[PDB]
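The model below depicts Glycogen synthase kinase 3 holding AZD5438.
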Amino acid sequence: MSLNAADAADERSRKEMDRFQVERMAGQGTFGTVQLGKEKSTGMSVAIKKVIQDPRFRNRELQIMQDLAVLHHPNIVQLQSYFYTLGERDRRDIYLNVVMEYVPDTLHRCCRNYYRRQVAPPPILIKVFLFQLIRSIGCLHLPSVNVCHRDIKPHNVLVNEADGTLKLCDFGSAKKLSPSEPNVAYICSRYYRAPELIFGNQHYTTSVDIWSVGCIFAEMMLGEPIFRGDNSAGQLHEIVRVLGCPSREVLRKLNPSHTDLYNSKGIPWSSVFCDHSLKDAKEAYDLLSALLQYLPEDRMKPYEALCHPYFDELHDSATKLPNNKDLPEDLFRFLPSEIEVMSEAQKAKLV
Ligand SMILES: Cc1ncc(-c2ccnc(Nc3ccc(S(C)(=O)=O)cc3)n2)n1C(C)C
Ligand SMILES: C[As](C)(=O)[O-]
């Protein structure tokens, strides 16, 4: 219940730890370990995450979480605390711990519960989740924030199915990018990696996140990842197999040397998803194609995508989640920093 003061690496950390009680383990994996706890002062459920930092790469979880904590964005986790603990199996190891609010599920697990029981997720849940995921990157990509997550995947998109809410987390791989400065192209889970990253480009933009989001939209409607390659070239083959071979000019723009594959005509979305009951499939598929453009600049930007006709029914107070609950109150609650950068047409539609 109490966190063990003896595991604090220092006084500051012992004092932060005393704010929280541990209820139980929530999940463990390659990233580290997430415990469900409570803030003792408010009762609030928290995720206490013990961060495992791969020394081959730059981990920016704490610094990016601190920059985002100023915004209070309804679709991004809010840092509550950070502190350092000694390792369980070897006390010479010290770990960063970040505390944020707890969200009960991942989008991966929520979708997998439907597919495993032979049901596709309800269309209105896919739609409300997508709206929120796009809003989360909208916020990250603002000029005032300039954060590229670079590892968006169903496993770090958090959801509460009961109230239709969604939050983005897991910012260890995130970075503010500049066209002047180079980056590591091998970031992101291979299945969600944009073509410019498959090509090993060291200069790339926040549009890599848009690709990842499109990939997730497809996976929510398919039940498995849409582009499943065994390697970088395998990944391009799978993309080209589904979307069709782009022109040589497009391939030359993406290939850094600017100077090689089957000429697939691509599969229509209708044959990929086989969902004849989806009443607005045409809109859904238009949106998907607008996110999954080969050239980064051609991809639909988040605030334009929020105004896409696929999302029209989210404006109707009569629209309900599958359990008959109202849509989340915060869907159309925008931050001043978001509103002040919108076009007049986007403000009219969304605010
Ligand atoms: C990587 C990461 N960084 C922060 C979180 C995070 C943040 C807030 N809430 C939760 N809740 C949660 C955790 C694990 C599971 S599980 C393993 O049973 O699927 C289900 C819900 N987690 N996480 C998550 C994505 C592990
Ligand atoms: C090595 As890097 C792209 O995380 O600054």
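We're numbering straight along the sequence, starting at 1. Just so you know, ligand 1 is whichever comes first in the structure, and atom 1 is the first atom listed for that ligand. Per deposition record, X-ray crystallography, 1.7 Å. Computed from heavy atoms alone, side chains included, the values below leave out hydrogens, waters and symmetry copies.
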Item to check | AZD5438 - positions in model | outcome: ligand 1
Checklist entry - Which other-chain residues or nucleotides lie under 4.0 Å from AZD5438, by heavy-atom distance only? => result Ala26, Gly27, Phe31, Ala47, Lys49, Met100, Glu101, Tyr102, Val103, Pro104, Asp105, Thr106, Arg109, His155, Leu158, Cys169
Checklist entry - Short list, please: which atoms of AZD5438 are under 4.0 Å from a heavy atom of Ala47? => result 7 (C), 8 (C), 9 (N)
Item to check | Protein contact to atom 20 (C) of AZD5438 [nearest heavy atom, distance to 0.1 Å] | outcome: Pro104 O, 4.0 Å
Checklist entry - When you measure from atom 10 (C) of AZD5438 to every protein heavy atom, which one gives the shortest distance, and what is it? => result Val103 O, 3.6 Å
Checklist entry - Going by the atom numbers of AZD5438, which of them fall below 4.0 Å from some non-hydrogen atom of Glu101? => result 8 (C), 9 (N)
Checklist entry - At what distance is the nearest protein heavy atom to atom 22 (N) of AZD5438, and which residue and atom is it? => result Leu158 CD2, 3.7 Å
Checklist entry - Can you list the AZD5438 atoms lying under 4.0 Å from a non-hydrogen atom of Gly27? => result 17 (C)
Checklist entry - Are any of the N/O atoms in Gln28 less than 3.5 Å from those in AZD5438? => result no
Next on the checklist: How far is atom 18 (O) of AZD5438 from the closest protein heavy atom, and which atom is that?
Outcome noted: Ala26 O, 3.3 Å
Item to check | Shortest protein contact, atom 3 (N) of AZD5438 (heavy atom only) | outcome: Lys49 NZ, 2.9 Å
Checklist entry - To which protein heavy atom is atom 5 (C) of AZD5438 closest, and what is the distance rounded to 0.1 Å? => result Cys169 SG, 3.7 Å
Checklist entry - What is the organism of origin for chain A, per the PDB? => result Leishmania infantum
Next on the checklist: Considering non-hydrogen atoms of the protein only, which is the closest contact for atom 19 (O) of AZD5438, and what is the distance?
Outcome noted: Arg109 CD, 2.8 Å
Item to check | Distance from atom 25 (C) of AZD5438 to nearest protein heavy atom, with residue and atom | outcome: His155 O, 3.3 Å
